[PDB]
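Beneath this line is the structure, given in structure tokens, with notes to follow.
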Amino acid sequence: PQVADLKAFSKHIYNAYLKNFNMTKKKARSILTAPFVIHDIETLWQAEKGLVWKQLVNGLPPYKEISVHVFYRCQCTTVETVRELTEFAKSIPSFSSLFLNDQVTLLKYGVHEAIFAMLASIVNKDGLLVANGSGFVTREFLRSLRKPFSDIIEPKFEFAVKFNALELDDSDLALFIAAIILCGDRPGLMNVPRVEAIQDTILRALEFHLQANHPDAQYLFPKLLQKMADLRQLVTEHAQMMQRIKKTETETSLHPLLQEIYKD
Ligand SMILES: Cc1cc(SCc2sc(-c3ccc(C(F)(F)F)cc3)nc2C)ccc1OCC(=O)O
Ligand SMILES: CCCCCCCO[C@@H]1O[C@H](CO)[C@@H](O)[C@H](O)[C@H]1O
Ligand SMILES: CCCCCCCO[C@@H]1O[C@H](CO)[C@@H](O)[C@H](O)[C@H]1O
């Protein structure tokens, strides 16, 4: 029953993944191998005028400085990805079967881990794609921002480069992300056994998918479990840096949805 049942299960989640995420790793890698390079104030200014963003510039807070503007651009991209992760989750029948409060709990504590995991898809050692792959913001430019804003993004690059060395494709990622969302460990969950059961099914689907898709990649599955653990620490460290900013930079605002996610 299992292997055939789980291949169908995997196929469905892969389809949900393709349906709800505009930028695939496949699409991203092709571009990363002709986007407009953002590497300083002038080119970002030109990008804001030239490129097509999902969130219009006039919708963002009034311009103060480059570091804070980038910080707001990060929030915009995050909120957009959270929107897609929500529809991705809702496109998974077992997820949508959960009570709505549990759905919210899983998304609340899950999306940032998933975002940092998916972030690698549009990242190389030199920078990351923005504006639907129309732009490419350099890693050095992001390093050049003033404290505390420069230190937030660099750890995500470090994780991504190691993560991309595993060479997962979109079919692997769909299951990997699904396993991050449907996680029985989240605080305040109502029906833990049910979520743990779904999570187990996804992980069994993944281990079989990896054997079929990556037959010669030894220890690939336990390595990915470790990355799931690593992502929890990355998010923990991220939340601390975000907290530092709210305290020290009282002038800067936080998007209301993100306020709710960080409410604790
Ligand atoms: C401050 C912060 C940094 C990250 S790191 C990963 C990144 S970096 C980036 C980016 C986009 C656009 C630009 C450009 F285009 F403005 F340069 C630069 C950077 N979007 C993402 C997703 C994630 C989340 C963050 O805050 C929101 C939150 O915690 O919910
Ligand atoms: C099934 C629809 C009706 C659900 C009604 C119960 C809602 O409970 C609330 O769920 C939230 C997590 O989503 C928690 O943050 C709140 O603390 C909790 O009180
Ligand atoms: C839209 C999907 C992602 C939403 C993530 C934001 C979750 O916020 C939480 O919503 C719960 C019910 O409103 C509240 O009980 C919690 O206190 C709050 O922290």
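To match the PDB entry, the residue numbers of chain A are left as they are there, and the shown ones run 170-202, 209-439. Heads up, header says this was done by X-ray crystallography, 2.0 Å. Every number for a ligand or one of its atoms is a count from 1 in the order of the listing.
- Drug at ligand 1: GW501516.
- In this PDB structure, UniProt names the chief binding partner of GW501516 (ligand 1) as Peroxisome proliferator-activated receptor delta.
- Protein heavy atom closest to atom 18 (C) of GW501516 (ligand 1), with residue, atom name and distance, is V245 CG1, 3.7 Å.
- The closest protein non-hydrogen atom to atom 5 (S) of GW501516 (ligand 1) is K331 CG, 4.1 Å.
- Note on GW501516 (ligand 1): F311 sits outside its first shell, no heavy atom being nearer than 4.0 Å.
- Of the listed options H214, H287, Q250, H287 places a heavy atom closest to atom 28 (C) of GW501516 (ligand 1).
- At the top of the distance list for atom 6 (C) of GW501516 (ligand 1), counting protein heavy atoms only, stands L294 CD2, 3.5 Å.
- Across chain A, the UniProt domain dominating contacts with GW501516 (ligand 1) is NR LBD.
- Distance from atom 22 (C) of GW501516 (ligand 1) to its nearest protein heavy atom, with residue and atom name: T253 OG1, 3.7 Å.
- Comparing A306, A222, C249 against atom 2 (C) of GW501516 (ligand 1), the shortest heavy-atom distance belongs to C249.
- Contacts of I436 with GW501516 (ligand 1), taken as heavy-atom pairs under 4.0 Å, are absent altogether.
- At least one heavy atom of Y437 sits closer than 4.0 Å to an atom of GW501516 (ligand 1).
- With non-hydrogen distances under 4.0 Å, the site around GW501516 (ligand 1) consists of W228, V245, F246, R248, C249, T252, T253, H287, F291, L294, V305, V312, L317, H413, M417, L433, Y437.
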What short N/O contacts, under 3.5 Å, does GW501516 (ligand 1) make with the protein, listed by atom pair and distance?
from	atom 1	to	atom 2	distance (Å)
GW501516 (ligand 1)	29 (O)	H287	NE2	3.4
GW501516 (ligand 1)	29 (O)	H413	NE2	2.7
GW501516 (ligand 1)	29 (O)	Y437	OH	2.7
GW501516 (ligand 1)	30 (O)	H287	NE2	2.7

